[PDB]
Amino acid sequence: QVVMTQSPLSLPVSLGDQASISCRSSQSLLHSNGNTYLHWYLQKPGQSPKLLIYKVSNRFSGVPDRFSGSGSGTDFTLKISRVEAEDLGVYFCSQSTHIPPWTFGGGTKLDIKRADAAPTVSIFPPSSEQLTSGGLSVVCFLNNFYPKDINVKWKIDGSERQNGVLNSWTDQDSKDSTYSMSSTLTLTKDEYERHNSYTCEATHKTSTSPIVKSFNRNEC
Amino acid sequence: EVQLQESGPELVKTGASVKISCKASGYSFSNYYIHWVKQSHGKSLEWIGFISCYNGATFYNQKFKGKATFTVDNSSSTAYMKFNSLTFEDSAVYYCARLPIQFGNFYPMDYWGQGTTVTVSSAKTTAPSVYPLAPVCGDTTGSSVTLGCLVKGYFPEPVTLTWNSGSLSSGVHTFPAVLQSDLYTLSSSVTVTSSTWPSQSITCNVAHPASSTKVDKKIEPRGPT
Amino acid sequence: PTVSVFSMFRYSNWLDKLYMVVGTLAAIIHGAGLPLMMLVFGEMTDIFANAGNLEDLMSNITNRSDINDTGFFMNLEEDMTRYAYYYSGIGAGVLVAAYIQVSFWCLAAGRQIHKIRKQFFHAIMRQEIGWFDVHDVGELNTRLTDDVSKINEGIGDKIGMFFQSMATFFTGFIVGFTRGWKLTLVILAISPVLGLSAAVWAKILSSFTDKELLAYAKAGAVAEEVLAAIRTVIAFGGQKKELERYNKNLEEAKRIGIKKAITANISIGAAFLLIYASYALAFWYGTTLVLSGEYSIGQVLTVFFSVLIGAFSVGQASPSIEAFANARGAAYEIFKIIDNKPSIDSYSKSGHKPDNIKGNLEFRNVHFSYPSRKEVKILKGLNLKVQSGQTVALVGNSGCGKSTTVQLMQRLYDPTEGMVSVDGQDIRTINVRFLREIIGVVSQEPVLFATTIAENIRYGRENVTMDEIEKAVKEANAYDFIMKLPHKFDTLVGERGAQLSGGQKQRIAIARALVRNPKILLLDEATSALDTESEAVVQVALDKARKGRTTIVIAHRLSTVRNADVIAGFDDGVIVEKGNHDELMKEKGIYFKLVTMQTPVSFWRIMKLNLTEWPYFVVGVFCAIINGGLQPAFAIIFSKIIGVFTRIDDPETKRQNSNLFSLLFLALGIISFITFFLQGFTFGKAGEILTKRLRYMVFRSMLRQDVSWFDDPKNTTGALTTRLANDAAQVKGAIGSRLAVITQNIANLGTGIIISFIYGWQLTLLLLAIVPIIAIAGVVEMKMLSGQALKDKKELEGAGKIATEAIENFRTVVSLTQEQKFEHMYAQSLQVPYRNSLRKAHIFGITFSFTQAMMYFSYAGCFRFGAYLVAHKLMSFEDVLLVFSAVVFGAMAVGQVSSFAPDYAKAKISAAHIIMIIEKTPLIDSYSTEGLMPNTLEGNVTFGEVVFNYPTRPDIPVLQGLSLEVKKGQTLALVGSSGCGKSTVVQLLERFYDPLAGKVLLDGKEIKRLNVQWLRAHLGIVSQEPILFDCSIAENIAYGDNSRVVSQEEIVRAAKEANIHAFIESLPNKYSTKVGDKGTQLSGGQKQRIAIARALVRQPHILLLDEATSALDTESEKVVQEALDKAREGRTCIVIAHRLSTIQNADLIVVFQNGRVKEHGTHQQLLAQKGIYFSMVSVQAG
Ligand SMILES: CC(=O)O[C@H]1C(=O)[C@@]2(C)[C@H]([C@H](OC(=O)c3ccccc3)[C@]3(O)C[C@H](OC(=O)[C@H](O)[C@@H](NC(=O)c4ccccc4)c4ccccc4)C(C)=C1C3(C)C)[C@]1(OC(C)=O)CO[C@@H]1C[C@@H]2O
Ligand SMILES: CC(C)CCC[C@@H](C)[C@H]1CC[C@H]2[C@@H]3CC=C4C[C@@H](O)CC[C@]4(C)[C@H]3CC[C@]12C
Ligand SMILES: CC(C)CCC[C@@H](C)[C@H]1CC[C@H]2[C@@H]3CC=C4C[C@@H](O)CC[C@]4(C)[C@H]3CC[C@]12C
Ligand SMILES: CC(C)CCC[C@@H](C)[C@H]1CC[C@H]2[C@@H]3CC=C4C[C@@H](O)CC[C@]4(C)[C@H]3CC[C@]12C
Ligand SMILES: CC(C)CCC[C@@H](C)[C@H]1CC[C@H]2[C@@H]3CC=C4C[C@@H](O)CC[C@]4(C)[C@H]3CC[C@]12C
Ligand SMILES: CC(C)CCC[C@@H](C)[C@H]1CC[C@H]2[C@@H]3CC=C4C[C@@H](O)CC[C@]4(C)[C@H]3CC[C@]12C
Ligand SMILES: CC(C)CCC[C@@H](C)[C@H]1CC[C@H]2[C@@H]3CC=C4C[C@@H](O)CC[C@]4(C)[C@H]3CC[C@]12C
Ligand SMILES: CC(C)CCC[C@@H](C)[C@H]1CC[C@H]2[C@@H]3CC=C4C[C@@H](O)CC[C@]4(C)[C@H]3CC[C@]12C
Ligand SMILES: CC(C)CCC[C@@H](C)[C@H]1CC[C@H]2[C@@H]3CC=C4C[C@@H](O)CC[C@]4(C)[C@H]3CC[C@]12C
Ligand SMILES: *[C@@H]1O[C@H](CO)[C@@H](O)[C@H](O)[C@H]1NC(C)=O
Ligand SMILES: *[C@@H]1O[C@H](CO)[C@@H](O)[C@H](O)[C@H]1NC(C)=O
């Protein structure tokens, strides 16, 4: 077993410039020949993973002239020059030349590289219908933010809650090129009436102050 | 034209046995190996094994020896993988890929299938619990106001949540379905101005096909209560 | 000249119509058995290749205990048992199918050729004398031999192998299109050149001998001409000119042979170059298709191998079409003979047979001419009526046709005018055989069949007991010589009556006619060589049996004619005088004028003959060392291609090694072409100048020999031209081809076995066990393809010489009408080689199918043991493929090469006989000058007490001590009977035979001490029959003087003196007119005159004439003799002739009787004392 370690897990390229993804082995991928085998595949969303580069310098047939591999030893690189709107999707890096673990790589998405933004955090308490049915589900939406790394903290009465929280991130929007996420905190009916202050804290990198949004059960 | 295509999605029960099929078309079937690899949700790909596709000599990884079985069919030129004793950890997306037998291991897996998706579950078909959410009472900080209903506890996927029968796509986000104790949860949200709400009618329209349930919820403001 | 194929197979049973159908079904099934083995070879090498590719991956990881390796190669060890079963099934099916097809076609040939042979002889004994006179006697026998051998080689086996080759070609194309078509279209684009190269390879492999005989055709004429005329040639001393002409022919023959050898070896070199270039193209495109990931390696091996075998088998089908066309062209003549029926059917029982057979002869207005020369009419009407018991004799000179009337009697022909009758009714409506049995005829020179004498005297009629035999031979008075010789009824008389004397022969011939008990007796010259008392008792016995029968006697002696009934006389064919004795006495005609006038050791010293030409042999041994080792190089490169394609590697390393080996194939092709051309050229040159120099030296050592060496019964002209034509070209195979084949096979097999022992040991030992049967599988198939054995036809004709002695003695059996007995004798003499032919037809099929199956069983056994060795990891698949490829393909190449060579044993024996001819020195030497050389002579010859016996007849003496005295200018005539030692005195003079006893003084100088060539230079004779050589008449007369500048003024002077100047100056290209063999273009008197002119240029001091006017006109005899009479002065002249015109003017006359000199002296002294010479003078004068 060698372990490839594909170094960025996201890569915010713009549209129409160069991008570089870097595979990095855990053993010298030089065979007893003079050859070094590691192959670079592109994988679209939902379709089959096509092959782009094989035997790091070379190139497959049918793939256009933008892609180019380089590097050797235990440091390998793919470079896309003049990236179009068609090369979005993950890029992974086979193989081990020491088989049969026959290992693979992590992946690297590509983005559209927006200017930064701040999420419009909204809070919503459990409605009357689930309070009839015996359960709290309080939700914190946060929309229209870039880039895709945000930490949400569910603080009940000043104490952290890291149990019964579920997080769902949408994909990157097509027209706006931004993101959103939702956090759902689900507990029982009677645990709602024990605590008053509920806060959802969003700690984005483009805001030194974390955006808090809060509510109280009794006051309306 | 070289094309390997696979079966559709599966929705098996826990402890059952399933068979997925990679059908090859466009090339000489009797040379190339067939490698079966497995991708979980949000992890690196993992190599399960290969089948020799001429006579039928298998070779498995050590994690998967015994809980997978490869067969071939030279007449219709397909390769089958059968799972037996499925648990929750075997719910993933599975790919087949060819590799030539002459210069094997010194060549890349050049053509890949589109991948089938196996979803091991245990629960039963269930009606969704639709709850509408309303903004917190009292203050409004601006013209934009956000609404949205959630759908809890349903099974199985999907749910075609749709705002106002499709007459509203100006702020509709639909967050993907999450799993919690083998039940699902899907939320949505819309941002409208201060002129329409609460002056107009806006409704969630949850349309679950697997029980044919059509729910409409009108979102109402929380007043003094 | 050709028959249709429907009429070709018309003499066949239902059983042969079944044999041909079953033997072509099994031929198709056997033909479809090599591409079906290529399918199995492709799928087996695909199994081996796929296990191997899988193996490397498991190996680096290691740590897998035992089961994983086991299961991987245990699948191989288990599947190879099924593929071994497939091979064994194909092997058994090919065994049965090949036996059935070869055996059934050869049985169909045997039965059909037996029926053809019997029907042809039965038809040829219905064919008249006139057809024999127009066609031939010897060409008939070679027509029998050649046409039967060509039918047997035509419909014998080649029709089976043609259908087998067609089935192999079609099965090969069907397999090559059903496995992979993209490679088959490339090899099909190549395949016309492949088929053309295979066709010309089998073509020049087929003949291999006809160019030598068509090169020696221009030179053998001088050989047979000089060996035919050996005695006259060495009597003149023209050894040197015929030697130089033989040299001038041999240089041209050797140069055209040089061109033949160079062109044939360039053709087979280009064949090898095209085969290896086809390999390079096929494997380059095949590995392009494999590295593209579209084929496998087994698919490429199957399609290419199947395609190539099909193309070469449809190429090898080519000699069968030539053999079948030759069989049709040779069958048309025998079908022509057995088709046409004559008007006089000698076996139709629709003839009419009388009962009251009374002797009565009627001839009226009988005109008849010979169909051999129909322009001349000998007969112009003869009318005769002969009663019973009427002894009619016919008298006249030779040329009127007494023998013609005798042959007209027995219905050997038919007269063109008139009608002949015997006792009322004519011959033209009654049976020929019943008439032929009742006329007992003795001809002029009888022939005796070489059986016992009891069978000879039995040959008149069927059921004769020994009492009638003894009564008939006591009537013939031929019992005394029966009594003195051993085996008195068991004595086998030799060929043509050579064992006994002439008088005993003619007396038992009279007996052989009298055993028929005939109705009409016809004698023709019954007492030619007979003495007094035996002719007397024969004529008393002839009058003892004349009273019940009608008789016609033709004879020269008038002692048996004076006691006849009626005497008649021929003149110009017409019977002119008639009546009794006294009527022709008072008639005073020509008969009145007649009666008025009458009142191993060689043991490889064959290299000693060719020690002078070492560099040709050195470069030939070097090129054979190279060209033997081109099958193991092909084994290496082929095994390395498949060993590239079993293991895994980079794609670029696989493409590099594939391109390097697809270039090494083409390099092997070019080296094969160059070294094969060079070897073939240099061994052709060495063998050709060995044949040239050995023909020269053998001819000169033939010409140095004595006459008495040429009269040997083993040394005939045909045997000597066989030893110069057939056996001179057989001495190159004992040295040059033997060194080439031994060296080629050592570098073909020894290095293959050594490479095999280095790479894989156990498999090499098993294949060395199975190797000799595969080598025999090479040689037996290659011997079947091109002329296995020809001893069976020799045994056939050695038993069938009854046909030759039936055709040669046809003139007796057409009188005896004993045809059915000879046909049944031939039918019972054919029966043992019939069983020998059927036995050979089964045994050859058995051994051919055993080798053909042992090839496939060798495949199965070799690859099963190789599967075990690969599975237990003691070698690789590349090494089992190398060991198998090298050993098996080397064994088949050893067979295919060592069958192509000519034989060595008979070549060594023939070289021993040629060395026997070379080493022998004759008792006298024509080239030596030692002896007595006096400067002067006189010209007086003295024979005293000279006795001579022939060396071929040591028991029979022709001489009993003659003596003679000849002085200067003494015209000495020698008169005697035909065969009393007339040319014997000539042969005693001309140093042909030296006598055992006697003394000959040539002017007081004995001939045994003189120079041998000087006596042969001084004198000059004319032969008994004129023979000229194959040039013009100027070189005919120019041969008379040798070692001398021949002046043309002497040529025209001799032509004027011989009166042949007119016939030369009349002819166009007068002194350059090409004369054929023996003067066959011009007439006999003209060549006799040119023989006079050829002897006339010698100007001899001693002149001999032997029958100077045998065929010459009466005005030409005087103009021949005037030059003789003006030139008889100065020189001793001795003339021997039967015409008395040169005997009347002779000086002294000597009469011979059984070799003894009876009378000698002047002509008037012999005319005074009336003895036997007076009876010789009493012939026709007055
Ligand atoms: C120059 C060259 O390397 O190619 C040759 C050839 O001579 C070789 C390879 C041949 C060839 O045979 C094979 O290579 C072969 C390969 C796989 C399976 C079976 C056969 C050949 O087929 C054989 C063929 O020769 C013949 O004409 C044969 O008489 C005969 N084929 C047989 O092998 C055979 C022998 C005994 C009984 C039955 C078959 C043949 C006759 C007619 C048509 C085709 C073949 C020729 C010149 C070639 C090839 C084509 C490669 C051999 O035959 C002989 C007697 O020469 C087989 O072993 C020898 C080795 C020779 O070098
Ligand atoms: C007698 C002459 C003609 C030789 C006959 C060849 C026979 C005896 C040989 C040729 C091929 C051989 C067979 C080839 C393959 C195997 C498979 C092995 O697992 C058992 C033996 C077996 C079945 C062999 C038995 C003997 C065999 C059939
Ligand atoms: C007429 C019969 C009795 C003779 C039997 C001959 C047998 C031994 C021959 C004739 C037909 C041949 C088969 C023809 C076709 C193939 C298909 C190939 O993929 C496997 C080999 C196989 C199966 C051959 C094996 C050997 C075979 C079966
Ligand atoms: C008719 C005469 C000239 C001989 C027959 C020649 C023809 C039938 C053969 C010879 C070589 C063959 C070509 C060889 C290679 C291929 C490549 C393949 O991808 C398409 C077919 C193609 C292009 C073949 C077409 C048919 C072909 C052209
Ligand atoms: C010397 C006489 C007695 C035998 C001659 C045998 C020769 C012709 C044979 C035997 C050994 C063979 C060589 C063995 C090894 C290889 C390596 C391969 O990559 C190219 C062919 C090559 C180089 C062979 C060429 C031909 C070869 C040299
Ligand atoms: C280890 C080495 C020395 C083994 C050499 C192989 C020898 C023993 C074998 C292989 C080739 C064989 C030769 C092949 C062909 C013939 C032609 C034949 O008309 C006489 C025997 C002869 C000449 C064989 C004699 C023995 C032979 C020379
Ligand atoms: C004429 C000569 C060459 C043939 C000798 C007889 C052959 C058929 C016999 C006798 C000795 C036998 C060998 C003896 C030893 C073994 C070692 C074993 O691990 C493989 C088989 C093998 C190699 C045998 C193969 C067949 C064998 C070689
Ligand atoms: C017995 C061991 C030690 C040596 C075996 C050597 C083998 C390869 C040699 C020795 C005897 C040789 C055979 C002797 C006789 C001939 C007859 C000839 O018309 C064809 C070749 C052939 C058939 C030879 C083929 C090769 C041969 C079988
Ligand atoms: C006449 C010849 C060609 C017949 C074939 C040769 C036979 C006798 C030889 C060749 C290969 C040999 C086989 C080689 C491998 C094994 C496997 C072993 O575990 C059992 C014996 C067995 C099965 C042998 C049986 C005999 C065998 C089949
Ligand atoms: C070989 O290696 C594997 C893991 O490295 C281990 O399981 C095994 O015990 C080792 N020994 C044998 C005999 O397989
Ligand atoms: C191969 O090796 C493993 C042990 O590493 C063993 O369990 C197995 O039975 C062997 N055979 C096959 C066909 O996997």
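First the proteins, then the strands, lettered A, B, ... as listed; each starts at 1. Each ligand, and each atom within it, is numbered from 1 in the order the structure gives.
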### Query
Under what name is the drug at ligand 1 recorded?
Taxol
### Query
Quick check: main partner chain of Taxol by heavy-atom contacts, named as in the PDB entry?
Multidrug resistance protein 1
### Query
Which chain letters belong to other chains having any non-hydrogen atom below 4.0 Å from Taxol?
C
### Message
Quick check for my notes - source organism of chain C in the deposit?
### Response
Homo sapiens
### Query
TM segments of chain C, numbered as in UniProt from the N terminus: which have a heavy atom under 4.0 Å from Taxol?
4, 5, 6, 7, 11, 12
